[PDB]
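Structure (with meclofenamic acid).
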Amino acid sequence: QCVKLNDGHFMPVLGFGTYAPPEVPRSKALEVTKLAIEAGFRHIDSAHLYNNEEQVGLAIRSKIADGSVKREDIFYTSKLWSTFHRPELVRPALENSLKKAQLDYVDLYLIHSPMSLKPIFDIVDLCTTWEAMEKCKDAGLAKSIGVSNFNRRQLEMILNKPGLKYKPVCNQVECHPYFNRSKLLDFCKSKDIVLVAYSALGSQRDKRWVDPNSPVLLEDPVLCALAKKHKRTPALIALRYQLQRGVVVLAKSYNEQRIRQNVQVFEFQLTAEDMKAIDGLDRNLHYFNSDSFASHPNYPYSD
Ligand SMILES: NC(=O)c1ccc[n+]([C@@H]2O[C@H](COP(=O)([O-])OP(=O)(O)OC[C@H]3O[C@@H](n4cnc5c(N)ncnc54)[C@H](OP(=O)(O)O)[C@@H]3O)[C@@H](O)[C@H]2O)c1
Ligand SMILES: Cc1ccc(Cl)c(Nc2ccccc2C(=O)O)c1Cl
């Protein structure tokens, strides 16, 4: 199913994560994005950063061409990279992502991160970036626009902007049972802004930003015990948890069995006691924990 965004467009509540590290050949993105769509995924999450938009776009066009889905059945997201926050660069960055994917529009375009980088850190008024995003929705390049990696204060700056035309429809952020973002989720609900969870399965644990000593979410004993009770898997429990909280959840998998497994999130439900047990795992733990973000003036977790 779908959630109605605050601009009247609809977003599928389970999305397919397409990021893979650079050691995975670029051709894999094409193959697994096809498999995801075959499995039942209708929301596909990509970004300029991922260096896969040509493959992801080809998978979508491929599944349109062979007749499995129509373009309006697919919800495709791309994201403005942090070297393109200066307002005059926004629309050209978007049109480029479009030309790569060979699509006429994205369903959603996000500001990937509030941490501006030189076109080295940069200082940009993200309110001007936002105006440029608004112009992209007006031109029909993006059906909806939103943000990613914004904390409550950063999100407030946009919402409070003089002559704001469109609220962000969502804030895509790190979110899972060890970092459940409860307070930010309540703030977003109060504003009819959807929270979209990434690393909802505990991240890819890439050594470039994640400490390998960090706990492994999918071996959590409470998650294992609920998977046993429901006869599902720890990943399924972690995804269902977000859906029942009114959180749109992404799931990356480049594995054919796990891709098909993940759409089973719709086939069962958790009780209030289950949800409380998961809620009790929260431990303020963000897996991405790197000097490369932490020292930025607009680091979202400076809290
Ligand atoms: N906005 C941002 O700054 C940001 C940041 C991070 C991620 N994202 C978006 O969110 C997407 C997902 O987040 P993520 O990449 O951190 O990964 P994720 O969804 O947390 O998944 C982490 C690992 O879970 C494994 N997995 C998937 N399904 C599973 C299952 N059923 N059972 C066991 N393991 C399973 C996958 O390994 P296999 O591939 O081997 O199955 C995957 O590498 C990204 O791909 C990207 O689209 C955005
Ligand atoms: C904290 C933070 C800040 C900025 C970005 Cl862009 C990201 N996103 C990524 C970082 C490294 C590799 C992939 C991503 C992603 O968007 O998937 C995160 Cl996790």
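Residues: numbered from 1 along the sequence shown. Basis for what follows: all heavy atoms, side chains included, without hydrogens, waters or symmetry-related copies. Note that ligands are numbered from 1 as they come in the structure, with each ligand's atoms numbered from 1 the same way. Heads up, header says this was done by X-ray crystallography, 2.0 Å.
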All copies of meclofenamic acid: ligand 2
Main binding partner of meclofenamic acid (ligand 2), per the PDB entry: Aldo-keto reductase family 1 member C3
Residues lining meclofenamic acid (ligand 2), heavy atoms within 4.0 Å: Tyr19, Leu49, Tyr50, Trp81, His112, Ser113, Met115, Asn149, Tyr198, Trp209, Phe288, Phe293
Shared residues: UniProt NADP(+) site in chain A vs. heavy atoms under 4.0 Å from meclofenamic acid (ligand 2): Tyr19, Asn149, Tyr198
UniProt substrate-binding residues of chain A, heavy atom under 4.0 Å from meclofenamic acid (ligand 2): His112
Protein heavy-atom partner closest to atom 18 (C) of meclofenamic acid (ligand 2) - residue, atom, separation in Å: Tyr198 OH, 3.7 Å
For atom 9 (C) of meclofenamic acid (ligand 2), closest protein heavy-atom neighbour: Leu49 CD2, 4.1 Å
Minimum-distance protein heavy atom relative to atom 3 (C) of meclofenamic acid (ligand 2): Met115 CE, 3.6 Å
Protein heavy-atom partner closest to atom 8 (N) of meclofenamic acid (ligand 2) - residue, atom, separation in Å: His112 NE2, 3.9 Å
Protein contact of atom 10 (C) of meclofenamic acid (ligand 2) - nearest heavy atom, named by residue and atom, plus distance: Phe288 CE2, 4.0 Å
Taking atom 4 (C) of meclofenamic acid (ligand 2) as the reference point, the nearest protein heavy atom with its distance: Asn149 ND2, 3.7 Å
Numbered atoms of meclofenamic acid (ligand 2) (with element) below 4.0 Å of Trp81, judged on heavy atoms: 6 (Cl)
Contact atoms of meclofenamic acid (ligand 2), heavy-atom distance to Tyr50 under 4.0 Å: 15 (C), 16 (O), 17 (O)
